[PDB]
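Depicted below, triclosan in association with Enoyl-[acyl-carrier-protein] reductase [NADH] FabI.
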4 protein chains.
Amino acid sequence: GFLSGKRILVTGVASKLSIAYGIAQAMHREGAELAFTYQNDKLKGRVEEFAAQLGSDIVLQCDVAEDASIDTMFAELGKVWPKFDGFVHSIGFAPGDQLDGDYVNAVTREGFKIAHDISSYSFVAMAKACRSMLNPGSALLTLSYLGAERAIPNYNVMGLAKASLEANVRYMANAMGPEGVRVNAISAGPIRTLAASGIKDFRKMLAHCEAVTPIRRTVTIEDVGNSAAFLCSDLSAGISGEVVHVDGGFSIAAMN
Amino acid sequence: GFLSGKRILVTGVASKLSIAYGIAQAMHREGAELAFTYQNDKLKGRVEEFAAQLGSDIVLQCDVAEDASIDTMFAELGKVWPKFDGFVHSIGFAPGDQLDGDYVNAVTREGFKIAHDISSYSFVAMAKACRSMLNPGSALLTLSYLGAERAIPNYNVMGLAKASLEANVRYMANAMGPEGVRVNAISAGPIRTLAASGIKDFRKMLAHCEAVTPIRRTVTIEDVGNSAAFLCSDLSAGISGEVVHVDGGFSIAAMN
Amino acid sequence: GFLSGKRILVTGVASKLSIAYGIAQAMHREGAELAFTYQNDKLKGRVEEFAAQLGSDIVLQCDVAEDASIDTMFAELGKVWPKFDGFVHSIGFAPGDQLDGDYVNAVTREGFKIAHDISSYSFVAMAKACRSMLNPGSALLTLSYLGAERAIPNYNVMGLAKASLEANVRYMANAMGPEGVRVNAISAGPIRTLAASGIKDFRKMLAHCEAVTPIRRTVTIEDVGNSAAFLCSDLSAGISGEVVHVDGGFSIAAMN
Amino acid sequence: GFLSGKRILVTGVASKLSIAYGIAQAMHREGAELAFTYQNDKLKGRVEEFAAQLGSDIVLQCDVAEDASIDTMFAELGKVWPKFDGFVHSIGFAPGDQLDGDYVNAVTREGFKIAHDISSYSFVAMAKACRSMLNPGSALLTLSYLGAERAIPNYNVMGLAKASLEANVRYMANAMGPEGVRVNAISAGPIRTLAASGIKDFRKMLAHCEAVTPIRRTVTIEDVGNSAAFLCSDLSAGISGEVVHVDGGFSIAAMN
Ligand SMILES: NC(=O)c1ccc[n+]([C@@H]2O[C@H](COP(=O)([O-])OP(=O)(O)OC[C@H]3O[C@@H](n4cnc5c(N)ncnc54)[C@H](O)[C@@H]3O)[C@@H](O)[C@H]2O)c1
Ligand SMILES: NC(=O)c1ccc[n+]([C@@H]2O[C@H](COP(=O)([O-])OP(=O)(O)OC[C@H]3O[C@@H](n4cnc5c(N)ncnc54)[C@H](O)[C@@H]3O)[C@@H](O)[C@H]2O)c1
Ligand SMILES: NC(=O)c1ccc[n+]([C@@H]2O[C@H](COP(=O)([O-])OP(=O)(O)OC[C@H]3O[C@@H](n4cnc5c(N)ncnc54)[C@H](O)[C@@H]3O)[C@@H](O)[C@H]2O)c1
Ligand SMILES: NC(=O)c1ccc[n+]([C@@H]2O[C@H](COP(=O)([O-])OP(=O)(O)OC[C@H]3O[C@@H](n4cnc5c(N)ncnc54)[C@H](O)[C@@H]3O)[C@@H](O)[C@H]2O)c1
Ligand SMILES: Oc1cc(Cl)ccc1Oc1ccc(Cl)cc1Cl
Ligand SMILES: Oc1cc(Cl)ccc1Oc1ccc(Cl)cc1Cl
Ligand SMILES: Oc1cc(Cl)ccc1Oc1ccc(Cl)cc1Cl
Ligand SMILES: Oc1cc(Cl)ccc1Oc1ccc(Cl)cc1Cl
């Protein structure tokens, strides 16, 4: 595969519907060796089953709200992977109250704090912690959403965290590029996942996109995963700091 | 002038070089009634002097890091301006350690938290706090920098904070527009100010910019203040959720 | 007013609904001296009436499809305004066949040629033709549409023409800035005008926009003219090579 | 390869340094069947040698300035490829005089005409002519440059043609998407090619980029070709109307 000889760490696999899950499959189909992290014990065993299917016995607990957790995970990771080639950051979070109705009324200081910390900061946090274990030709990838670029109803403060994140991709890419590390983001169209269910009228959001999207269908985790495998492979060597839209063309069309 | 009948609240006047200062002067020259806030005790009397000069005797304290301070300032404001027509948010802050050398190495969880809290959240926190005192036709304004859109050396996490901020403008503009409130931002080119001194080799920025800028000069606080008065007056009724670049054209040129 | 002492040349007044008309009115309300051009004989007397009303008796013919017409208009202009302070380019055209149904099927080599020639080239052709009559502090302005940035149904090749136009603003701003000339564009939201009637289901555009627009209303020629007066006055000294959106916020929102 | 079972037509191979050449290699390495066009007889035999190496005996003359030439080529193409899966548009042109010094002085009506016609229109022209021979899952790709987004010295009118083109990708993608056709663009960093030699100080342009680019090197046709193979493969199914930057990160960095 085009990822043969690559060791990539994959975050965010909550279930078989997760973008991370679809991403690991594409990467594994492409010859990459994978390592998975699980946020907690509620998720532990599940992630272990998926690791096994993708031929990996590296499943480490990691909660990006904690520096020491990121730190410990990388330590256990180095035991098998002293040096690796990148990671996939598929982690996003905002307190439930943050996501519905008028943004100005919903947003609070803490919610803003948590949303930016978990969705934006965690990306660089993970980079700091493993920066020295990365081989040249490494690539990091995170997942963003159009709410970063446009004011989308109910997405509220998550739109700001995503905007922060995209700026992170640029700052990381400019800082880590000179040492052989690329950093990019896939701006994915809406996909029904556990987290998606936290946004009001997601079902109508999906149907809308399916209708107004040039390709005339919503994207799949297979679609996203394929772009992800590419962005983390040497095939995308000339791309860094880029936010690739994998939404079928939705954001470029208008009043369809 | 074109702001006659407008009562505007101006924040961030730390000195006669402050962008907020240059903005207050233009808004005063165009007929507006102003109210000033000062962050702390160190700045108080300085702000009172300028206020007096701009014919205002409404100088209230406000530390945007504290909700209670934001809430009290508006209660105090209500006593004189039960209803007013918008405010200028000219506040920014990132801990000193954050602003120099490699981004990834420089950034920390608290620096990120703080940079975002003071540079981005505070904007919406203020809007929430006075949402009901705003008259139809009200305009809210904030100041951003190109760091939001491009990875600029040393600007580091402040670029991420601005990215979040510009997103905020869009989400606030979308949320408040329905009740008669516009929200926009001026993306100002570099200007030597108190806070400007906190970035490495700023002197070279200013000169680099002066040379590669289409208008061939760096912008002024007079420049920025005229655009801000415009953006907080009825002259800009057709504009909302916009980040206008008052950088003399610097960002649209390349390899000049 | 803020344009007192400014002599501006206004193009594209086809009627009292014309954006150029609403612009001329604001520029006149702010103290500017205007000069008007009319495309042909059919429009001549109409333009003379408005001119007279806006206190001007300088009405010259100008078909931007002909260099010689552009050259003669300026020679005639020189006789009264040897030097002036900029002009408003409010001219757009694509053959009728170009504007409806599927883009690819609708577009032809000549329609493309024409749409670009009249909607984009003409802007720089006029600047070339008067480059030496422009005083320092001069401003050039043009009008664009969101079609440049997003694929909008039926707008077809005109969107490509606008894309070329917005690029022109940037290249002209960069080239002329050094001699004291700023060049910008207003990206106006839909407004019912003579040319507006040439697009399919425009009535539904206007209503769709009125509903999904942050300010909850479509912009007016008054709205656009105040932003244009601002952009052609010294109030916008810090702005050049910029495409300001006077669409009430429509483009920054999504799935409203 | 990931392009196995794909028949792609490749335009623009002038020499072994051509972006098209590097693109065909990547596509051929990935299992795709290719067909090549040559603009003229000066180029004919050369393109035939490259076709042979890439295992293709389909080399058709095509000059995109002529509808009948595009038309005839597709007719001869259908003889072997009744239906195919897409094409690579790597064609750009502007009269020599257009490319040096002050844009406003260099640009002329004809130069603008030719530059837009050959660099922008030809893309859709080719799409019109073959629209019905495309299988579902087809993808078209064109090559753009940052001069479309920023005013780059000496690029002059080519920057406008590229802006027109990028708008074309969006219009094409929105029109052809519903029938199973994606349209995208690679915005390539500077690469020394025959055409490149038409831009003043290209050598200094290259060195600059190599220094200020996050990856710290200029891109290669291998880099571009790899992204091209991906954008024309089912791997990029969720991407359409996108302008992917393959420039190492140059456009996202600032004042490096
Ligand atoms: N699904 C969509 O429609 C969509 C579209 C664009 C982008 N995204 C992004 O893709 C990523 C994956 O989202 P998803 O939709 O697949 O949902 P998901 O629920 O499958 O995955 C969310 C993941 O984030 C993890 N996470 C959150 N907080 C954590 C923490 N504190 N520490 C460690 N892990 C934590 C959860 O365990 C989970 O594995 C998110 O960034 C999301 O914003 C989603
Ligand atoms: N100066 C530049 O070149 C430039 C360019 C682009 C953007 N900006 C932005 O303009 C705004 C004003 O900054 P400036 O350059 O005029 O500098 P300045 O130092 O004169 O003012 C910044 C203001 O921030 C206030 N502030 C800091 N923390 C705050 C808090 N906790 N509570 C209340 N107020 C707070 C300070 O009192 C100060 O008045 C900032 O957002 C800045 O990022 C400046
Ligand atoms: N009306 C809208 O909703 C809207 C929105 C965005 C952009 N625009 C732009 O505003 C500008 C003015 O158009 P409008 O909507 O006011 O319509 P309008 O029909 O009132 O005016 C367009 C003008 O184009 C002039 N024109 C056409 N070909 C020209 C030529 N060959 N020589 C000289 N002049 C030429 C006509 O005389 C006419 O005055 C156009 O660029 C248009 O694309 C309009
Ligand atoms: N090389 C770079 O630095 C760079 C960067 C970004 C984008 N691009 C684009 O890539 C494409 C390929 O450029 P290149 O740099 O490889 O140069 P090149 O000289 O190898 O290729 C240019 C091709 O366009 C063809 N062409 C031009 N007019 C033609 C016509 N009338 N009909 C048919 N074919 C014609 C020429 O035969 C040639 O094959 C162009 O669009 C160029 O703008 C180049
Ligand atoms: O960002 C997303 C965008 C869409 Cl359309 C759907 C799901 C998304 O993902 C999230 C949304 C809200 C929270 Cl709290 C956490 C996550 Cl992971
Ligand atoms: O944002 C700015 C951009 C420039 Cl070019 C100059 C000064 C700026 O203002 C700040 C920079 C850093 C911090 Cl800590 C706080 C502020 Cl207010
Ligand atoms: O650009 C426009 C955009 C909108 Cl929404 C409405 C009218 C416009 O104006 C034009 C549209 C088509 C052609 Cl043929 C010429 C012009 Cl002047
Ligand atoms: O677009 C380009 C951009 C760069 Cl940096 C280098 C070469 C380019 O390609 C061209 C430039 C000018 C002409 Cl007339 C034709 C072509 Cl193909």
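So that the names make sense, note that chain A is the first sequence line, chain B the second, and so on, each numbered from 1. Every number for a ligand or one of its atoms is a count from 1 in the order of the listing. What you see below is based on every heavy atom in this structure, not just the backbone, and it leaves out hydrogens, waters and symmetry mates.
- Mapped onto the model, all copies of triclosan cover ligands 5, 6, 7 and 8.
- Under a 4.0 Å heavy-atom cut-off, the other chains found next to triclosan (ligand 5) are A.
- Site of triclosan (ligand 5) with heavy atoms closer than 4.0 Å: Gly92(A), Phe93(A), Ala94(A), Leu99(A), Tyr145(A), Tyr155(A), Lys162(A), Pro190(A), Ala195(A), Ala196(A), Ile199(A), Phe202(A).
- In terms of protein heavy-atom proximity, atom 13 (C) of triclosan (ligand 5) is closest to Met158(A) SD, 4.2 Å.
- At the heavy-atom level, UniProt-annotated substrate binders of chain A within 4.0 Å of triclosan (ligand 5) are as follows: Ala94(A).
- In the PDB entry, the organism given for chain A is Escherichia coli.
- Using a 4.0 Å cut-off to heavy atoms of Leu99(A), the atoms of triclosan (ligand 5) that qualify are 12 (C).
- In terms of protein heavy-atom proximity, atom 10 (C) of triclosan (ligand 5) is nearest to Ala195(A) CB, 3.7 Å.
- The closest UniProt active-site residue in chain A to triclosan (ligand 5), going by heavy-atom distance rounded to 1 Å, is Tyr155(A), 2 Å.
- Here is the list of triclosan (ligand 5) atoms found below 4.0 Å of a heavy atom in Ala196(A): 6 (C), 7 (C).
- Ligand-side atoms of triclosan (ligand 5) in range of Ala94(A): 14 (Cl), range being under 4.0 angstrom from any heavy atom.
- Atom 6 (C) of triclosan (ligand 5) has as its closest protein heavy atom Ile199(A) CD1, 3.3 Å.
- Considering only non-hydrogen protein atoms, atom 1 (O) of triclosan (ligand 5) sits nearest to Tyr155(A) OH, 2.4 Å.
- UniProt lists residues of chain A as binding NAD(+); of these, a heavy atom under 4.0 Å from triclosan (ligand 5) occurs in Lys162(A), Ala195(A).
- Listed by number with element, the atoms of triclosan (ligand 5) under 4.0 angstrom from any heavy atom of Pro190(A) are 5 (Cl).
- Residue contacts with triclosan (ligand 5): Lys162(A) is placed with no nitrogen or oxygen under 3.5 Å of a nitrogen or oxygen of the ligand (distance criterion only).
- Near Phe202(A), the atoms of triclosan (ligand 5) lying under 4.0 angstrom from a non-hydrogen atom of the residue are 5 (Cl), 6 (C).
- In this structure, atom 15 (C) of triclosan (ligand 5) lies nearest to the protein heavy atom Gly92(A) O, 3.5 Å.
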Show me a pair-per-line table, with atom names and distances to 0.1 Å, of protein N or O atoms that are under 3.5 Å from an N or O of triclosan (ligand 5).
from                 : atom 1 : to        : atom 2 : distance (Å)
triclosan (ligand 5) : 1 (O)  : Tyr155(A) : OH     : 2.4

